[PDB]
**Student:** 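For reference, this is Elongation factor G solved together with fusidic acid.
Protein chains get the first letters and strands the later ones, always in sequence-line order, with residue 1 at the start of each. Looking at the header, which is where the method is noted, we find electron microscopy, 2.2 Å. What you see below is based on every heavy atom in this structure, not just the backbone, and it leaves out hydrogens, waters and symmetry mates. Indexing begins at 1, ligand by ligand and atom by atom, following the structure's order. Shown: partial entry. Contacts: counted within the shown part.
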Amino acid sequence: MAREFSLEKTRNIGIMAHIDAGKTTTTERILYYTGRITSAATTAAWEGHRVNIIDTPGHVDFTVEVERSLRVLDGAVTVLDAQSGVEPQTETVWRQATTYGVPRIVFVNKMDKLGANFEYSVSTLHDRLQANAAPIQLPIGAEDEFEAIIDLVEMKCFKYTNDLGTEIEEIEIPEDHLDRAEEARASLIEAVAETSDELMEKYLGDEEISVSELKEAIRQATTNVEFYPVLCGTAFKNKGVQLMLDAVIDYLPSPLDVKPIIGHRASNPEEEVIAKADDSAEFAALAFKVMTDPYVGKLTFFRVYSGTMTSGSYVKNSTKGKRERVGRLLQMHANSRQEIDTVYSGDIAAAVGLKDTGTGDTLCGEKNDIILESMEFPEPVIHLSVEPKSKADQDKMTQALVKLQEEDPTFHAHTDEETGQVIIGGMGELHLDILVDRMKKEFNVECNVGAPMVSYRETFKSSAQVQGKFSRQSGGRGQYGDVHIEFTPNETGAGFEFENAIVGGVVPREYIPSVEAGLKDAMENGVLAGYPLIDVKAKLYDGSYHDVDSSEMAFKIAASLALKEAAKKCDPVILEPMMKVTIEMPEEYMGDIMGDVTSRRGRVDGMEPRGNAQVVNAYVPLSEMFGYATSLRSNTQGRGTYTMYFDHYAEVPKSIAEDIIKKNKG
Amino acid sequence: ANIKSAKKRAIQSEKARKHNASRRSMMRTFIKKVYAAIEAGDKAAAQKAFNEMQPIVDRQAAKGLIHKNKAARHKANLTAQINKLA
Amino acid sequence: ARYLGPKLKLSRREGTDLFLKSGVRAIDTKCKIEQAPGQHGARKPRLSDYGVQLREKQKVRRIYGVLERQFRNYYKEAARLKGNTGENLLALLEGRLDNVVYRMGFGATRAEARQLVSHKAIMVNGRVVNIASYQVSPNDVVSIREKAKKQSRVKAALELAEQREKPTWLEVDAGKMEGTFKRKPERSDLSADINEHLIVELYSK
RNA sequence: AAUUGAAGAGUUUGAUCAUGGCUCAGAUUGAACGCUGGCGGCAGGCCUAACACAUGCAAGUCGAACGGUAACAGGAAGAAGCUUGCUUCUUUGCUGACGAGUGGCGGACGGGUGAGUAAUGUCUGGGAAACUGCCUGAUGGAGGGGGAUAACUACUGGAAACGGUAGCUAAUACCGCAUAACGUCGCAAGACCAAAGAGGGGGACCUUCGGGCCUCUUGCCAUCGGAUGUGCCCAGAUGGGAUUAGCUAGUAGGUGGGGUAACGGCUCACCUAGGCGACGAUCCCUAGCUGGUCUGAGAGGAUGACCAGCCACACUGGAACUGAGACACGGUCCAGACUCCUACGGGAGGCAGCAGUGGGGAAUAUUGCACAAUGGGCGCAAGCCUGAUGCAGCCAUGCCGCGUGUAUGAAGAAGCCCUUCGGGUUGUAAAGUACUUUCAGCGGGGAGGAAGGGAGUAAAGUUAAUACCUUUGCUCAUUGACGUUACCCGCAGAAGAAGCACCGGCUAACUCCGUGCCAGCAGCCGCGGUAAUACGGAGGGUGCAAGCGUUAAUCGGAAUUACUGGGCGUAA
Ligand SMILES: CC(=O)O[C@H]1C[C@@]2(C)[C@@H](C[C@@H](O)[C@H]3[C@@]4(C)CC[C@@H](O)[C@@H](C)[C@@H]4CC[C@@]32C)/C1=C(\CCC=C(C)C)C(=O)O
Ligand SMILES: Nc1nc2c(ncn2[C@@H]2O[C@H](COP(=O)(O)OP(=O)(O)O)[C@@H](O)[C@H]2O)c(=O)[nH]1
Ligand SMILES: [K+]
Ligand SMILES: [K+]
Ligand SMILES: [K+]
Ligand SMILES: [K+]
Ligand SMILES: [Mg+2]
Ligand SMILES: [Mg+2]
Ligand SMILES: [Mg+2]
Ligand SMILES: [Mg+2]
Ligand SMILES: [Mg+2]
């Protein structure tokens, strides 16, 4: 009838880090520890506190999962490798969490690794991440020697006697480490003192900071995302894991502590409705994950921001504007999946039997009409031309793409009309690889990917006057038409500009529109390599007509003939789509980026020192740009980002153009 | 079986099946002896064998192993053959 | 379920007063009865047999305020009932409590009378009835609630009824505000304007 | 009184008559889609994949069969666990209950589905050669013994599934014996066949102190009846195809034996050479049948969701067993396909029961509540079980009812639209002024579905007894999921409630302005190239209304398969 754990006790946390930082190991250990004495989120109990943990991937390709998790999470734990410290993807996940303003604590894992330097790791936090971080704990020894951790806040020591995380003997700080601990505690106070003016004055007064007093200030600072507590330990050797859990309860915010989400009323988008974490308030939940369990069926995970939900009820998806039958509510635990009857505010739960529900949707009561702000996912960085191996697969391919698009927001699929080609878009090579393989097996659709075909255009390089004449009196009815047109190269981007300079009505007014129509149709067809002719002006200066044989169709034919002869004299050239590329990277990799551009037949338009990452503006052929994402990340150590948008059509290099003609010919 | 009663009924049916088969075999054995005696041509032997069968078949019909019509048919058919055999 | 548009337009279209107003003033003052409603209302086009039959059926519906579905069911019942289908149909439309109330003079208009029925003001044989479609049988006492007696609108309606011709099949007493449905109105009693034969034809096309 | 019953139109031509097809106006639907959407009642709701299924539930009950007594409360006893006997801790089927087991009955009902089947089906009308738990009539019994065995106990192998071995023990379990004809067999004489006891109470009577005896209640056995159900036979009727004409060899018949509850090539041996078919055999295709439903003036045509009867089926293909009844949805065995668990040594399963999942699809709902009522199983009863059934949820899916106000209100305002630039139309429509509040919301009160079953209390019967028990009165306290019930009263406020298609003709409704054979429209005829009542948009109108259109589908109109009720000189 009542929630077992109060809103205060609830702790929705997430684990984020670089690849192989030890997220899975940490989560597994956490679950074991909470459990003793899978899915999207697992519920756990620690010191009479509900801890809903979500493990997020480290790869840039799976940034989606980090993004969606952060939206529906209160706190987070950043795991770091002791040897390497902050790594490229740690920076990415940090910035993501900064956007959502998620309070975070740092755990320096792998203290047993060779080259492990806690101090170095802490330094990287300050330099690379430029964040107010300070150690709340100090390690005693490094690598193999590391066998003890110091609680600086309480000035205590814990001697781990084994790698089983049991029989830990709490002892007094070693006198040798005591001096170090004192200095560290001083620094800890100072950092939190910057956040807490009261604490600062207490520090300035040189009055011994109470352990409770300090903890309260640290809690506040962390919750305000102004200070970042730094912990240490080894998950593999079961050291510091328990202390981290304690710090989660002591520092990471509760659903109440976190700032309230404001949802725009559906009826009045202008109207803004703040949603507090009150169970009595109207129910409001956000679906963040949509998976299909093999046993129960489709499982939609959601986070109850406000109100309460009971199983066997009807709710309304404000986003979709449709009623949803909440038949069953499952809560995933460390081992088994238990069916809950009621979900309260600040709780993460999975609904079984929901239909037409996607990630980012606001599920609410029928009376309720609030729409909580949805999550923002990035745009594809890599595009590939997917296609089925067989025609039978094409049907299945369509269905597969739909489902995949629903499951993964960042995955996108579309069909380019010009090329008539379905193009898949993703956050990286690894991402699209996984998606393709899934189609091959799960969906059983054998597909082959490749470079997206590029649509080219043509234009006349020279200006020439040409006459087009038609005559057909061979069989019965005779048709005649004559037109003198001048095809002059038009300013790039201006487009077709037909000029009626007919004087004395040499061409009848009624036939003149048909002349243009004929040209347009002929220009739509290729004059060189079957590519639409663009950026050409046609001037109808002179012509002729035979009242009897004058037919609009004849003039249309005459117009086509004129364009043909123009091509023979106007030097038609192939044009390629050029894209403005905006690349942002640390100045260290600037030379490499510019080199890559000038290697891909690109030109640097200029540069600008936006923030701490120099932004380079450049124009590069679309065909050349294929595969820039991977190379960019290779050159920038996965610290580079780019955006490409079509700018203009430019002439293809004669050699490349020659190839295009050959290809289109056969 | 999934139902408790079904499990029990299966056990009880096997118990019955065995009992019934033992009784049925014995009855048939006795009937065959009469038929064999008729084939042999010994009216006295046939009559003697029939007199042994009569109580058995009648009791079996009463128990429910066979029907009274079945018992009657056996006695009637044999009697006719025995009388002709004489 | 009810027509809530301009009542005068209906009468203008049919080219005859359908008694949709109280009748305190001349319909002519209220609207141009002669002209049909609309921009082209003045022009009078030739009407085909279908058009003639349709207008007749519509007229009767408009007078008694019955929608097509319920009216069609009435026709079927009339055909089922032994006798002249056309006349039977008219009798059914008359039997409606709402019509009875208006005719008794408890309501100024059938629209108003219907509001009285819906508001439970009317009592048939001492029993509250809130269905206008209710068919009042012969020898039935139709009274009005005590609260309804107090309503000033009822009193005014009675006055208008005095001006109108008195139904020969209804015995109504003022003050008591109680009427008696003596019998079903005969075709002779019913207006001769109604061409029931056309309606029968339309519903047998 | 059941008796009402029969409509045309457009389209071949320069025009005409005829012929003939096409199209249209009407009903009906398990409907779907688009747009729209206030309430209530009643009903309906996978037509697709007899596709595959996670999870719970859908068949148990009886201690008045039996050995018991694990489990909880007692009953005495009791170291009384206990110390004030304060508290009440050991015992024992003792004893109300009661796990597991043995036994009985049910599980062959109820519920689902229509795959197969053109007839070992259905329907209609008959027939003889049968059987039938429970229920009910009549006439007699129910005597006296034996041998087992589960549970249990000891031991022991399993990951599990579950077992193995040696003792042990009871019965309404099992089996002889006795007796038995209104039974069966037989010409007759003869021969032969059955049982079960268990509860309630109590007086002479009694040891074996348990009982016994008396009586009451229930059950058992035999035979003959009833009722009910079921098996079997026959005739007629119940689709299409000859671009299917021959088919058959247990086949057709006979005799004898065996077999069945019973008739019978049912089966087998033998003998005969038959049997069937143009009145359609054989073969192929399609399909559950019916009462009925829809349409039609009728004759017909179409159709067989929901309801009721019948049949068939239960993962697929076989097979028996048990039983009154099955060749058995939630039983067994074998085989197969498929899936699952595992300790890898082996196991497990069948939603075409109710929910529900995945899939397929244009498309069809909740893993709901109660056994209150009806009905069913078991029981002495109380009671227990019941996804039957009663209700609730969702859905405008249909049918029906209702509301979204009523009256008044003219320079008839504004605005829009048209305009003959005068006005007109929108339009009493608005505003305004009076006025009533259903329904909705809020609050309050409050039917019936409830009959019985209990505790007894009295009388009658009951017999030894006034016992017991039964029956009938009588008294008393209770028995509802729906349910915040139907319904009534009060509350304040017109508040909270109108949409959709159409306007060239057919066919009710017409203008303005765009567009200019384009863009579009379109059931049919046809529209669109300078205004187009046909498109596009606006005003106005028309038809319907919480619906309105569209698509699909059936019949009608269609005398257009013409039995009713048509034609063949030139139209077939
Ligand atoms: C649990 C967690 O943190 O991330 C999990 C969850 C994870 C991100 C998975 C990698 C990858 O399939 C992910 C994508 C985007 C792959 C493409 C689609 O199918 C998505 C619908 C899918 C959602 C999440 C998922 C399934 C994980 C990884 C990454 C493994 C690394 C490599 C190189 C394959 C992981 O478990 O380490
Ligand atoms: N040396 C060391 N290795 C560790 C530690 N914790 C985890 N690992 C290992 O580092 C790897 C981390 O893998 P995983 O937990 O999946 O990391 P994730 O990619 O961040 O989820 C594994 O091989 C772990 O066994 C630790 O404390 N020390
Ligand atoms: K015709
Ligand atoms: K045969
Ligand atoms: K079968
Ligand atoms: K004829
Ligand atoms: Mg991991
Ligand atoms: Mg079939
Ligand atoms: Mg016909
Ligand atoms: Mg003819
Ligand atoms: Mg001819």
**Student:** Every copy considered, what are the ligand or chain positions of fusidic acid?
**Tutor:** ligand 1
**Student:** By chain letter, what other chains have any heavy atom closer than 4.0 Å to fusidic acid?
**Tutor:**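 Based on heavy atoms, that gives A.
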**Student:** Just wondering, does anything else, ligand or ion, come under 4.0 Å from fusidic acid?
**Tutor:**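 Closer than 4.0 Å to fusidic acid are ligand 7 (magnesium ion).
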**Student:** Using a distance threshold of 4.0 Å (strictly less than), state whether atom 15 (C) of fusidic acid has a protein heavy-atom neighbour.
**Tutor:**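 Flag for atom 15 (C) of fusidic acid set to true, protein heavy atom closer than 4.0 Å.
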**Student:** Using a heavy-atom cut-off of 4.0 Å, name the UniProt GTP-binding residues of chain A that are that close to fusidic acid.
**Tutor:** A:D55, A:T56, A:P57, A:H59
**Student:** Measure from atom 10 (C) of fusidic acid to the protein's non-hydrogen atoms and state whether any distance is below 4.0 Å.
**Tutor:**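 When distances to the protein are checked, atom 10 (C) of fusidic acid has a heavy atom within 4.0 Å.
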**Student:** Scan the protein's non-hydrogen atoms and note whether one is under 4.0 Å from atom 27 (C) of fusidic acid.
**Tutor:**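 Not a single protein heavy atom is under 4.0 Å away.
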**Student:** Is atom 22 (C) of fusidic acid less than 4.0 angstrom from at least one protein heavy atom?
**Tutor:**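 No; the ligand atom in question lacks any protein heavy-atom contact below 4.0 Å.
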**Student:** Judging by distance only, is a nitrogen or oxygen of A:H59 under 3.5 angstrom from one on fusidic acid?
**Tutor:**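 So fusidic acid has no N or O lying under 3.5 Å from an N or O of A:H59.
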**Student:** Using heavy-atom distances, let me know which of A:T27, A:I434, A:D61 sits nearest atom 12 (O) of fusidic acid.
**Tutor:**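 Looking at heavy atoms only, A:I434 sits closest to atom 12 (O) of fusidic acid.
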**Student:** Could you walk me through which residues contact fusidic acid, taking a 4.0 Å heavy-atom cut-off?
**Tutor:**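 The heavy-atom site around fusidic acid is A:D55, A:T56, A:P57, A:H59, A:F62, A:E65, A:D408, A:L430, A:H431, A:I434, A:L435, A:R438.
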